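Structure (with avibactam (bound form)).
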Amino acid sequence: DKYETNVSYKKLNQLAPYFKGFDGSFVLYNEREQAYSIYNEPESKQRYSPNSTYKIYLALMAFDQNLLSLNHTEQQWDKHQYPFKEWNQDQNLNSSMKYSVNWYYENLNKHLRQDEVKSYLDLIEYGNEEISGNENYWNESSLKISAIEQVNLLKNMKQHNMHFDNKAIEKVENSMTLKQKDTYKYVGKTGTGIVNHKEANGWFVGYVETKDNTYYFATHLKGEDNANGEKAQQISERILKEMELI
Ligand SMILES: *C(=O)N1C[C@H](NOS(=O)(=O)O)CC[C@H]1C(N)=O
């Protein structure tokens, strides 16, 4: 249920107003200073379903297993009518990440042996590593990860500490790039979990890369409703702008 760590951190308790209406957390890791800053340390260690934020690592596993190639990420739509018309069309990695196209990533998972998935989640230390709850174990099911762990995995990915190809990481980074200026690249991914027909679990995770540093972040929202990726991203952008990072 909870990630155990004793790392020191700077308290960010005056970020509380941004989380009106939610039990929330914000985690920041400053790469140059090797330093964490956290709002709501108890929630930062609580593990929650990753929902669409898991697509990052399904993409990487798929490259590593050669289901996807640096120049070959297209998948054909099978004509199932989804309620989101963005999903009702052929996709590549960039479009599937942008439009958070579940079937693209479900197909990837279907062609990964679940024993291989367990091995990957062990190696990258993906939260509770529990994938037995449902075929789509990352969607409001058994697999859960905390906000600090989301930051840790992004930093391990970008710092080339995972056993994934650097060019595959670049492709996944590109697929989640939200803004690129001369002074910074802003990368991130939303997620939303539905419980009792309400938005009860919102994520936004990513990083800002500047010309001299990288700032990794994760925002989590818990609530009875309205806790979704869009709101988690809005709060994140308010915080990051106050930090003068974007
Ligand atoms: C990912 O969490 N999902 C797929 C899609 N988009 O969500 S996102 O924009 O927050 O990434 C719909 C919601 C959600 C899901 N439960 O499948």
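All residue numbers in this chain count up from 1 along the given sequence. We count ligands from 1, going down the list as the structure has it; atoms in each ligand are counted the same way. These values consider heavy atoms only, across backbone and side chains, with no hydrogens, waters or symmetry-generated copies.
The chief contact partner of avibactam (bound form) in this model is named by the PDB entry as Methicillin resistance mecR1 protein. Here a covalent bond joins avibactam (bound form) to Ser52 OG. Shortest contact from atom 17 (O) of avibactam (bound form) to any protein heavy atom: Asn102 ND2, 3.0 Å. Note on avibactam (bound form): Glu140 sits outside its first shell, no heavy atom being nearer than 4.0 Å. Short contacts between avibactam (bound form) and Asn51, defined as distances under 4.0 Å to a heavy atom of the residue, involve ligand atoms 2 (O).
Nearest residue to atom 7 (O) of avibactam (bound form) from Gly202, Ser49, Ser52, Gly193 is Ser52 (criterion: closest heavy atom).
Backbone and side-chain nitrogen or oxygen atoms of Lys189 are examined, and one is located within less than 3.5 angstrom of a nitrogen or oxygen of avibactam (bound form). At under 3.5 Å, not a single nitrogen or oxygen of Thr53, backbone or side chain, sits near a nitrogen or oxygen of avibactam (bound form). From the protein, the heavy atom lying nearest to atom 8 (S) of avibactam (bound form) is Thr190 OG1, 3.5 Å. Atom 1 (C) of avibactam (bound form) is approached by the protein to below 4.0 angstrom, counting heavy atoms only.
If you number the atoms of avibactam (bound form) from 1 as listed, the ones under 4.0 Å from a heavy atom of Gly191 come out as 2 (O), 10 (O), 11 (O). Residue-ligand proximity, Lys55 to avibactam (bound form), at heavy-atom distances under 4.0 Å covers atoms 4 (C). Source organism of chain A in the entry: Staphylococcus aureus.
Taking only non-hydrogen atoms, the option from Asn228, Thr192, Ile194, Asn201 nearest to atom 13 (C) of avibactam (bound form) is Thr192. The heavy-atom binding site of avibactam (bound form) at 4.0 Å consists of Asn51, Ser52, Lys55, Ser100, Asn102, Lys189, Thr190, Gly191, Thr192.
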N/O pairs closer than 3.5 Å, avibactam (bound form) and protein:
| residue | atom | partner | partner atom | Å |
| --- | --- | --- | --- | --- |
| avibactam (bound form) | 2 (O) | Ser52 | N | 2.7 |
| avibactam (bound form) | 2 (O) | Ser52 | OG | 2.3 |
| avibactam (bound form) | 2 (O) | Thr192 | N | 2.9 |
| avibactam (bound form) | 2 (O) | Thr192 | O | 3.3 |
| avibactam (bound form) | 3 (N) | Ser52 | OG | 2.3 |
| avibactam (bound form) | 9 (O) | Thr190 | OG1 | 3.3 |
| avibactam (bound form) | 10 (O) | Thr192 | N | 3.3 |
| avibactam (bound form) | 10 (O) | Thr192 | OG1 | 2.9 |
| avibactam (bound form) | 11 (O) | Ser52 | OG | 3.4 |
| avibactam (bound form) | 11 (O) | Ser100 | OG | 3.2 |
| avibactam (bound form) | 11 (O) | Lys189 | NZ | 3.1 |
| avibactam (bound form) | 11 (O) | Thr190 | O | 3.0 |
| avibactam (bound form) | 11 (O) | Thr190 | OG1 | 3.1 |
| avibactam (bound form) | 16 (N) | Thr192 | O | 2.9 |
| avibactam (bound form) | 17 (O) | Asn102 | ND2 | 3.0 |

